[PDB]
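Lettering follows sequence order; numbering is per chain, from 1. Hydrogens, waters and symmetry mates play no part in the numbers below; they use all other heavy atoms, side chains included. As the structure lists them, so they are numbered: ligands from 1, and atoms in each ligand from 1. This entry, so its header tells us, was determined using X-ray crystallography, 3.2 Å.
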Amino acid sequence: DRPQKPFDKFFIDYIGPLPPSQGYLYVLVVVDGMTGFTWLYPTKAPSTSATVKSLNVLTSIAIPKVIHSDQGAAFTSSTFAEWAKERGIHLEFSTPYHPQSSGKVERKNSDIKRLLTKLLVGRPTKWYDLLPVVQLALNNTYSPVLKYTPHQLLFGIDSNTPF
Amino acid sequence: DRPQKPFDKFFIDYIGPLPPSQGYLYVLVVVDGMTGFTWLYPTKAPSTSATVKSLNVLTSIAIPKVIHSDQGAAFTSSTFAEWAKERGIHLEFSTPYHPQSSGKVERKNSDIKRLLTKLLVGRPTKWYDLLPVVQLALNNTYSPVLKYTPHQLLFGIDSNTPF
Amino acid sequence: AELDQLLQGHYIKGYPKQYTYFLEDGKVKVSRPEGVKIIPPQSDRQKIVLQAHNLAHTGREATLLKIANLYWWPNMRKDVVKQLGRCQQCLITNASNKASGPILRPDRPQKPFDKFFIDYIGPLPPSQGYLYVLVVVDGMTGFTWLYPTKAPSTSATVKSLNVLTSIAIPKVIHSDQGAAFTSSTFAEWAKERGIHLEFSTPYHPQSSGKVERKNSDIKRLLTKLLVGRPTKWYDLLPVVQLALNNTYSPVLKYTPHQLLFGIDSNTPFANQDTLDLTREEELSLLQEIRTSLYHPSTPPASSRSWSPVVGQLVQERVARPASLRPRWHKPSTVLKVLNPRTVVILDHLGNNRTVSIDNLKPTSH
Amino acid sequence: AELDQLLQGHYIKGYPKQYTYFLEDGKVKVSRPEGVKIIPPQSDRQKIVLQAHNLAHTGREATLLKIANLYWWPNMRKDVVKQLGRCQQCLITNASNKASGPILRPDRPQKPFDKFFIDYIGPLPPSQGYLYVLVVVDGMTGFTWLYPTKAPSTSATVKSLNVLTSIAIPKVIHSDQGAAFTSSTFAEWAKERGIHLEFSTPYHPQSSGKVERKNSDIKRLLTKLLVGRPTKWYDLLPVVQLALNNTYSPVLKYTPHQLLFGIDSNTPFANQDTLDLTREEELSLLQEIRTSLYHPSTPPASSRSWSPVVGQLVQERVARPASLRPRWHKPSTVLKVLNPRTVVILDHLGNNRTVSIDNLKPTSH
DNA sequence: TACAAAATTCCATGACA
DNA sequence: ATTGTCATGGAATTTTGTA
DNA sequence: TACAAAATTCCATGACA
DNA sequence: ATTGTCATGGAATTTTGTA
Ligand SMILES: Cc1nnc(C(=O)NC(C)(C)c2nc(C(=O)NCc3ccc(F)cc3)c(O)c(=O)n2C)o1
Ligand SMILES: Cc1nnc(C(=O)NC(C)(C)c2nc(C(=O)NCc3ccc(F)cc3)c(O)c(=O)n2C)o1
Ligand SMILES: [Mn+2]
Ligand SMILES: [Mn+2]
Ligand SMILES: [Mn+2]
Ligand SMILES: [Mn+2]
Ligand SMILES: [Mn+2]
Ligand SMILES: [Mn+2]
Ligand SMILES: [N+]
Ligand SMILES: [N+]
Ligand SMILES: [Zn+2]
Ligand SMILES: [Zn+2]
């Protein structure tokens, strides 16, 4: 077939609820299918509404052909369904309770959860201001395959913040 | 000697008092010795002070080498005397009661007095607004010698308001 | 549609043979040097160009470059340009890439008092309760009269000019379309005296340029006289007036005063050269000088300039554009061409307007 | 004095024989082609030139022309020019007649995130309580981020940039010396992240020119999207951002987005050309394109330009000149020449200032 | 070894407080 | 201690489809 | 049928809200 | 129905005092 590329598919999910920081409670996690590049968006609820506001931000930069997600209320709603049709994004759903997504993504998706709990504890209340640092760390971290940071795969150059 | 020229000598005198117009009472009359060109300045008193204010206006246009006048208090004062030295104007005085000035000037100086009384009567109160019209008429009036208007002698061209 | 024939190997105007034209997914595709592109049916193509353009309201090349990605047909640009002409938005917002023609250098008035140019300077710092200066310049000689005023008003302009015209009356007064000179009260004052009023085109100070250029010299000399001191200009005006009227133009080798009177008054460094001539001899020598004065010619056209042709699609710049709103008015037509630099246009919509090219752009396309 | 000898027929350096030099009224007069002029004793001549000049603070030719009327001596102008150099007034008020040198065209940053350029737009009409836009442009790609703010403030700039640097961290941020970016709070925010701050010379937007030029394109497209409608720009920003980041530069034949990512996202008219290459092949093809980009050269010097030499008498333009006050500061000296267009000067008096030639005039004389 | 006309490239002009 | 930029649309130059 | 250097003229640059 | 102007100071060109 045609070899895989950035923006081909975006995997999204909600982490939460978390201890309140700046009155936020949830993190919407967007990983790019091919590169493993990650975006993190703090939200006040795992709602279609907050999803749209968040994804509006991301889609000012780039628009994926496909979004994959679990059948959570937020993504199954008809409003989200319409939002995506407007922007010409095809929506893709895992079947209930059997969350199929990429080998590479599962791992990255695991790392986030560990890395969140890790630096969450000790300052469980101030994780909002840390999200930039986290995102930066994740995206500039060498994958065992490729020996490339997601950053490198997306931009084809080196970041000025290595790990 | 050297033939006579505009700005060579300015003859000045006060006409007044007149019926009040716009709260003015006197007319300071300045005729140019060679051309016969006339300026008229309304004043509130035949004083050095009002003379200076008036002549400051005229001397923004041109400065005569000489000013001739009667020995009236206004021109004999030391303030006027200093005013003239500052501007490098030599002052010239007729002897008391024997007012020697130019043949051409005496006539022009007569015309003004007639022309003032003439259009003064009938509107003795509104002669201020008329001073432009008078000045214009006088200066654009053919002298029997030269067959030139003072205007012509000063500017060496025709005015767009003949008489 | 008409694309039917082509898949079957038969020729069409444009559509050059040698490329194989095939079918995929019910679309008519074509193999080209650039790659394999889709060919839309005639009826879809306007809709396509518009969609591409409306992304960022891009020009010819920018628009075509998007379309090139997906599609091909014959004479692509011809179609794109057809759209750029109809985008009401792009036409009234984009700036011009065409400079206006070379300026004109109208001739010196022939006689002093043939034409006065007037303008107001200000507001300034308050001196003695006055805020503005009325500057009057004689077009021929460059001789200048200054008058302090409290406001740039018709009433005060009249007061000032009544004094000035005590000396002589001009044929014509040229002014900008400032409130003070356009008023009916002024217009009549002027008709009362048989003086023709003449106005420069809207928002083009360059037309009142003979006065404007005197304004420069006024402000400059006042500035110089006020270094250190508090800005007390009122009492300085006379001095400036005199100083400036007796200043040599290096090009003419003559002070305005000289051109007005033909002799220097009792000024510092008064030139004596004509001391031996009768007034008469002198007066005609002056009359000579006035005609033999240096007069500039118009400059070469800039390489990408334009000139106004009768019946041309032409647009006027907005007066005081609001924040984020179009810098140009809708298209309008050239009615008459007064000179290669002044035009009458049927505007919005529609009144005859006299306008300077500098406030115009040619509608492109 | 020394003029004694001359009346007696003996020669002096200058003072050319063939003219008869006589005495009248205890002054030394001379018959010349131009006419009969007075020759002042050496010790009077400065006093003379100054008197003439101080009439209207006139330049070389204008001053000389007054003096010519009454006087003559050898090398008149040399003396006049000696004065024009010492008139503190003329030096700080007169404008320059020398254009600055040809501009420089610094090289494209090599990599994306090598250098960000930032600037604030505004104030605008209020939408949703916001008044300004923070525009961030990547120097290499031209890729642009937009952020609505309520004030052009350090605090809000930090908030915005924290979001942006979530994606990546730049080496260098270039900004104008606006209050928001010069503040100590910002300087530290930047040091915290190992980002070098760099500022353009005072009052020279052209230096932040890469952002400024994006501002144009932003305001233009917003204007176009708001014709008819009330100015509700807040919700439009995203669209503009996208639209502009995916617009082809006709010169490069590439959208910023392309230069940043090497592939088009799920945008309208997304270019497919590289659909067959692995990410890797594609990624290095991109790395090639970036280096082979079109880069402009500096333009020819204008025929009457100047360049800054070390130890030159040079003057800085006034910040916000008051009404009727000098448009230039007192003379100051060129300390170092950073490039043919940027200078360090010991000013008033004295601190090292880094300045652009465009804000300088060479002291004349 | 050549044409007319399309397709491309050139580049002055203007505007970003 | 730092430094102009580049969409735009006619003109001008090059490439193209056919001999 | 001539020189160096003064004296003149040329003219781009900038600014008049 | 109206329209750019011109001081300024280096450069460039011409004239000048002497052979
Ligand atoms: C109708 C109508 N409504 N408004 C205008 C109008 O022209 N308004 C402006 C603000 C531009 C203006 N400017 C100047 C002036 O001298 N400006 C500076 C300048 C001088 C010379 C040069 F070449 C360029 C600029 C005025 O004197 C003046 O009165 N006005 C009104 O016309
Ligand atoms: C220190 C210091 N204090 N004040 C300044 C300063 O520069 N102030 C001005 C008002 C001139 C300014 N202007 C722009 C701008 O973009 N102007 C328009 C433009 C853009 C490009 C081009 F080539 C010409 C003009 C800004 O963004 C800006 O922030 N400022 C402050 O610096
Ligand atoms: Mn979930
Ligand atoms: Mn008396
Ligand atoms: Mn005005
Ligand atoms: Mn004006
Ligand atoms: Mn700024
Ligand atoms: Mn700016
Ligand atoms: N004319
Ligand atoms: N550079
Ligand atoms: Zn458009
Ligand atoms: Zn001076």
What macromolecule, as named in the PDB entry, provides the greatest number of contacts to ligand 2 in this entry? Integrase
task = Look up the drug at ligand 2 and give its PDB name.
result = raltegravir
- Which chains, by letter, have non-hydrogen atoms under 4.0 Å from some atom of raltegravir (ligand 2)? D, E, F
| query | Listed by chain and number, which residues of other chains have a heavy atom closer than 4.0 Å to any atom of raltegravir (ligand 2)? | reply | D/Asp119, D/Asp176, D/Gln177, D/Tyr203, D/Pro205, D/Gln206, D/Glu212, E/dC16, E/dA17, F/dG4
Majority UniProt domain at raltegravir (ligand 2) interface, chain D | Integrase catalytic
Using a heavy-atom cut-off of 4.0 Å, which residues UniProt lists as binding Mg(2+) in chain D are that close to raltegravir (ligand 2)?
-> D/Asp176
